[PDB]
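Each remark here refers to the structure printed beneath this line.
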Amino acid sequence: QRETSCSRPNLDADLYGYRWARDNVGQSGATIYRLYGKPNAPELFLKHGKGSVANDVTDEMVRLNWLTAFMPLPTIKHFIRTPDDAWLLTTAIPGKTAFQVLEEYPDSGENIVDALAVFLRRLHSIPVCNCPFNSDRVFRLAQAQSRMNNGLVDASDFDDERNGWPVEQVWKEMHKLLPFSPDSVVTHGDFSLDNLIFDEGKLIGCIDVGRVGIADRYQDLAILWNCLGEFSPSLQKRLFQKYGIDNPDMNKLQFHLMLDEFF
Ligand SMILES: NC[C@H]1O[C@H](O[C@H]2[C@H](O)[C@@H](O[C@H]3O[C@H](CO)[C@@H](O)[C@H](N)[C@H]3O)[C@H](N)C[C@@H]2N)[C@H](O)[C@@H](O)[C@@H]1O
Ligand SMILES: Cc1ccc(-c2nn(C(C)(C)C)c3ncnc(N)c23)cc1
Ligand code: NA
């Protein structure tokens, strides 16, 4: 059947009367706009990806859409995909990042880490049978290989212990840590202090979920542990203690930190 009846059925009016600011200025990836200062309307964020980055913004859109059923996330107001562009408009989660609150309230360090650990347990508790996204080490290693071969790796942003290493050395050394035992949980993928939002003293949500998928829990623990290393070894140790691991697996920890060097 081809019913063949002639019938017939955006982003412009969604943005009426907002002030525009351009955020996260010196960071890679999508251009980020903060929309604010419109009376009687919530703050919004608008991501714009061109070229390969449009795929990244598209990845984030579908992971927001899926994961919001389980966790507190920004809400998708509008998304557009054209052959070379992606625009993602979301509601802002009010508040400050974990990083911001740690700097502003140094004495709150322990409470902040406890909250991050509990939040991480909640995410990791989502049964994997719900998750349509694969983010496992095999998938991420292939992504890392392509980024290295495409010349995209930021070799000046390596951790201190790999400062000045050629990217190829990191690649080679990382492979010596394999194989290790399979563990699969729903992960965030970039669980840094920048991507967790606190408001009025409470952890109310996470952002930047474009790498969400099934992976080793150390994908999230490692990145966060690394961030806490800017502040104190005791906050790093407390993360694992609150999460409930007796003996942090230093091999998996090192593997996932090396892997994140490529991203
Ligand atoms: N290229 C884009 C990526 O840039 C950062 O990721 C990088 C980390 O920042 C680096 O680590 C440094 O910064 C940490 C705090 O972020 C510090 O604790 C750590 N001691 C520092 O060496 C790490 N070596 C590589 C990782 N790719 C962003 O987070 C990530 O979202 C973004 O996609
Ligand atoms: C100081 C600060 C605070 C928040 C954000 C932020 N970035 N982003 C993205 C980048 C995911 C759109 C957000 N998305 C939703 N809510 C947010 N609050 C943010 C950024 C910087
Ligand atoms: Na939600």
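Numbers in chain A track the PDB entry; the residues on display, in order, are 5-13, 18-271. As the structure lists them, so they are numbered: ligands from 1, and atoms in each ligand from 1.
- Looking at ligand 1, the drug there is kanamycin.
- The chain in largest contact with kanamycin bears the name, in the PDB entry, of Aminoglycoside 3'-phosphotransferase AphA1-IAB.
- For atom 1 (N) of kanamycin, the nearest protein heavy atom lies closer than 4.0 Å.
- Note: an N/O pair closer than 3.5 Å links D165 and kanamycin by distance alone.
- Judged by the shortest distance from any of its heavy atoms, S200 lies outside the 4.0 Å radius around the atoms of kanamycin.
- Backbone and side-chain nitrogen or oxygen atoms of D202 are examined, and none is located within less than 3.5 angstrom of a nitrogen or oxygen of kanamycin.
- Protein heavy atom closest to atom 11 (O) of kanamycin, with residue, atom name and distance, is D167 OD1, 3.5 Å.
- Under a 4.0 angstrom heavy-atom cut-off, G237 registers as lying outside contact with kanamycin.
- Taking a 4.0 Å cut-off on heavy atoms, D162 fails to register as neighbouring kanamycin.
- The shortest N or O to N or O distance between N203 and kanamycin is not below 3.5 Å.
- Lab note: binding site of kanamycin, heavy atoms under 4.0 Å, is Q35, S36, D165, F166, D167, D198, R219, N234, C235, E238, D268, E269, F271.
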